[PDB]
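Overview of a structure with ampicillin (open form).
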Amino acid sequence: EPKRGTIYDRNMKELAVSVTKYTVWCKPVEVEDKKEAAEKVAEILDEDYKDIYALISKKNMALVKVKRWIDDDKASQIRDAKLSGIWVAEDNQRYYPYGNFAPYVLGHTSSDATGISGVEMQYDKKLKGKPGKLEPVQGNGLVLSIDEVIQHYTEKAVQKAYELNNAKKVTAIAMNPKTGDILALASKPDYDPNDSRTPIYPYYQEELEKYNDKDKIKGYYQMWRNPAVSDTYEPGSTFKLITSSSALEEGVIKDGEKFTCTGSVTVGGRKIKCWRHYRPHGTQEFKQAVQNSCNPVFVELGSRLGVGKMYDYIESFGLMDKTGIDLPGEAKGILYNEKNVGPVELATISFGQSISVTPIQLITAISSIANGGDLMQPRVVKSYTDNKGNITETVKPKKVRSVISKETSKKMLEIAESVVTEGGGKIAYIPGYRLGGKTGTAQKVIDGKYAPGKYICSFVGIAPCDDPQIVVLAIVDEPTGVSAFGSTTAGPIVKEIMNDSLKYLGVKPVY
Amino acid sequence: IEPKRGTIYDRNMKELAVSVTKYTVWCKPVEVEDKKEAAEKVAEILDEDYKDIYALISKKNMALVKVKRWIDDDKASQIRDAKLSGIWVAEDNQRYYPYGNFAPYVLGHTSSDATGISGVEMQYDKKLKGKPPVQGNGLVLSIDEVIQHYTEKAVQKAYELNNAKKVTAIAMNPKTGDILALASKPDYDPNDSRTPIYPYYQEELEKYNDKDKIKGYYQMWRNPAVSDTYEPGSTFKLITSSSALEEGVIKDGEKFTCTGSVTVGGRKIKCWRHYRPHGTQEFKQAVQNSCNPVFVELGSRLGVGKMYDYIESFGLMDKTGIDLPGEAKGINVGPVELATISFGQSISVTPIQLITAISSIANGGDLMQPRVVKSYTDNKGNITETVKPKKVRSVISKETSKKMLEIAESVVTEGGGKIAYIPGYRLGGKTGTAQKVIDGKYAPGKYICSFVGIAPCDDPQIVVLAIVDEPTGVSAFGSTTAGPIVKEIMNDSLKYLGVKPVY
Ligand SMILES: *C(=O)[C@@H](NC(=O)[C@H](N)c1ccccc1)[C@@H]1N[C@@H](C(=O)O)C(C)(C)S1
Ligand SMILES: *C(=O)[C@@H](NC(=O)[C@H](N)c1ccccc1)[C@@H]1N[C@@H](C(=O)O)C(C)(C)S1
Ligand SMILES: [Zn+2]
Ligand SMILES: [Zn+2]
């Protein structure tokens, strides 16, 4: 079996490496004195007698693995023990040196070192070594766009929010909007790629004993599923950045136009309420309606666009199609067919309800607003290496299309900054770093229906808005026992990741 | 009449800088006998505000007033044909750069009185100036406009891709010391030398009060390739290696062992790749893997004495004497400084010093004076004199030169330079990554990445130094940032130079 190629972060830190280890094997029948062998092996390996005894006493199993991937020192003690029916064999370990880290990027391999999830699978052929015969050649390596420092800050912020919000799931993606490079992708609960079948979060512990042995592979695939690329969700008010960009690009907002909030608008015989319908926003300039997250104003902009223009921009921002991200099992969101869209559906779409997207779709779309209107193909793999760590080839950023003009982009970045300085994203304000973004709080869809007390809260951030270098999307899925708002659950995630990442990146503060 | 300057040509006699005859409208106010009637006519012809023209011709206290500068020949004979007593037109030559925003750090530009204030325009101001009208003598640059276009294109692409503070590339003919190309982004347009054409310069000029704007101008105009110093990083291992081999301190088939670190006194210098040490290495392989411990050992075997002699001999302590203005001269810790110096840290050079040093390795060991001016012409475009290639000294033997060219090729075929590999073209070179020295202190997340290429290594015809200064949002390594710049320039330039592929 040949070693797989090494997977590096963008600073050439090893994230996944094939290392030559030794495994302790046993044929029970060939073991003369089982208590004696168990005690010798147990002492060498530093394991409890009763556990090693239970392994080498096994019935009807002709060949038993006693312990995988022991170091050379302990493997030499086993050999030199000269025990019967007990031996050591060379065994390639697929080792992930940062452990419970970036599992939904890296993925993992089966027993035979075949990639079965994440980058390990997507680039299985590129990573595979060339076999030897009774010497093997290590496979070519990969350099990710992922930065282990930003990934750490992302994992840390997401793990904190998961505990604090007692959430079903917390997910964050950090993107370079200029290139579409993923800097970080974290979701909790997650798994350790060093031990892909051992749940390390109670949630997955409880989910794996709702399956019999025959069907446990289904529970494993559930735990290995990348929520950033495979799950869909109604994005809430973050989609108001899409509606705003579309409205400004189409010229449907007059300069100095005042929009009046009375707390509701009637469409299709239904009242669509402002969140603050008890205390109407009254007269608003457009900037102030985004700051206020005033639903009726977005209903009006949706109507001025109509179903056709609205669906053109949704398609153009990439929200009806896979992003083409180089990870396995991407979904493509859920949207009502354009020609069956009624007035109430159109009105809700205008503020991000009755449309489902992946997190990757939504961050990719928002990144085009932060990149002069250019939609980029997201990617995780930036470069290929030989088996000695030498770069052989690097991948160019791919511009898919211009969604909006440079002028609309600049106006939107000025509006996004004002949401964080003057509006509903104030919680995420960092002095000197010109953070912009938008919050969402959306009732959760389960089996095509809106369930009660179950929300998805999100915040998308862009920094710095004068020259965007990082976009962060954080999603808190079903926060429990807390103020369930985008600002209070997800805003602190984006603020922490932005604060730590911009200082790591050396972004100069401007006060 | 300030006479026409000499024309500046590329080496294929394409015009890069030429004086063109325009016309200026003059007034002697005490002879405009019918002022606002005379100023109504001139206002239309020149299309002026009817007031701005009157205001100028009705000046009580001036013997001569310039009405409008650099007007076209139609309007010149229109003004002559109106035969007003106090108003005429005179010739007035304008400097034009037909390629516009192209090799601005080589060409430079002039002030309104046709005096050169940067680049070749200033360095050769005397040679270019006309007789007071006889047009001045012209220059033929070593610059090739085709290779310059390949260099500008590669450097602009890298500037955008890497969101860098700056990208700089020099192409040199190692046999002659001739500069084939010198480009840097951001740069400026010598046709309009005070209007920033890059956001970066738009920002840096707005930081000065209008009164103090000159420090801003001279910052936009500064040629980073001759005036800016930097820490070369591992490209310096080509100097250290050449020096080691020339002194003979490397034994034939000697093996060097990497275990992630060395001990050069109590202080232990570690390798850059101590996570997976390189193990046992032929010298070739130490250079391919850029193994720091090996170059420390080589440094120790030379001593401070011989190291500093070789550095000086390669010209790295002295100006090159390139014929451009404002060249930087450039910038204690015992065996520890000696150790770090061995791979290009705590040592600062200009890009022109470094490419000149590497060029001597690629030219059988002959250090050459670099030059941008190959020939002089008359005022009619005939060549009168060619500047001879000037050897400064032999730094190493043809033997050491051949060994170093074999190693340089192996860096690109087998080692850290693989990104730049072109089938048939025998490229060699070395990557560098350094932390940026600012006012003497290393920063955080601030790297200068570089790649020096030599091709073909069996008969070198071109050396290219590419430097990406502060790449942003991307992996900061010589190979990924600077390697594609050299590859692109080498690919386009070797075909144009008519280098035959050998498979
Ligand atoms: C966008 O997400 C909007 N959300 C809604 O209108 C929901 N139907 C809602 C959920 C919870 C409470 C009230 C309404 C606006 N943006 C939200 C946010 O920015 O957090 C909001 C709650 C301010 S309303
Ligand atoms: C030569 O430039 C060396 N560079 C360094 O030792 C820097 N201190 C460094 C920068 C980034 C990461 C680790 C160390 C060696 N040559 C470089 C190159 O060829 O680009 C290198 C990164 C392989 S280390
Ligand atoms: Zn409202
Ligand atoms: Zn080493």
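Below, chains carry the letters A, B, ... as their sequence lines are ordered, and counting in each starts from 1. For ligands, and for the atoms within them, numbers begin at 1 and follow the listed sequence. The figures that follow rest on heavy atoms only: side chains count, while hydrogens, waters and symmetry mates do not.
- One finds ampicillin (open form) in this structure at ligands 1 and 2.
- The main partner of ampicillin (open form, ligand 1) in this structure, judged by heavy-atom pairs under 4.5 Å and named as in the PDB entry, is Stage V sporulation protein D (Sporulation specific penicillin-binding protein).
- Contact chains for ampicillin (open form, ligand 1) (heavy atom under 4.0 Å, other chains only): A.
- The organism reported in the entry as the source of chain A is Clostridioides difficile (strain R20291).
- Distance check for atom 6 (O) of ampicillin (open form, ligand 1): a protein heavy atom is found below 4.0 Å.
- Among the atoms of A:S293, some N or O lies under 3.5 angstrom from an N or O of ampicillin (open form, ligand 1).
- Near A:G440, meaning under 4.0 Å from one of its heavy atoms, ampicillin (open form, ligand 1) places the atoms 2 (O).
- Considering each of A:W275, A:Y450, A:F239, the one bringing a non-hydrogen atom nearest atom 13 (C) of ampicillin (open form, ligand 1) is A:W275.
- Heavy-atom proximity to A:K240, at under 4.0 Å, picks out these atoms of ampicillin (open form, ligand 1): 15 (C).
- No heavy atom of A:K273 sits closer than 4.0 Å to any atom of ampicillin (open form, ligand 1).
- Scanning the protein heavy atoms around atom 19 (O) of ampicillin (open form, ligand 1), the nearest turns out to be A:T439 OG1, 2.4 Å.
- Residue A:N295 approaches ampicillin (open form, ligand 1) through these ligand atoms, each under 4.0 Å from one of its heavy atoms: 3 (C), 6 (O).
- Bonding summary for ampicillin (open form, ligand 1): covalent, to A:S237 OG.
- The protein atom (non-hydrogen) at minimum distance from atom 10 (C) of ampicillin (open form, ligand 1) is A:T441 O, 3.7 Å.
- Looking only at heavy atoms of the protein, atom 12 (C) of ampicillin (open form, ligand 1) is closest to A:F485 CE2, 3.8 Å.
- Near ampicillin (open form, ligand 1) (under 4.0 Å), the structure shows no other ligands or ions.
- Each of the atoms 1 (C), 2 (O), 3 (C), 4 (N), 15 (C), 16 (N) of ampicillin (open form, ligand 1) lies under 4.0 Å from some heavy atom of A:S237.
- Residues of other chains with a heavy atom under 4.0 Å from ampicillin (open form, ligand 1): A:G236, A:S237, A:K240, A:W275, A:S293, A:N295, A:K438, A:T439, A:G440, A:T441, A:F485, A:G486.
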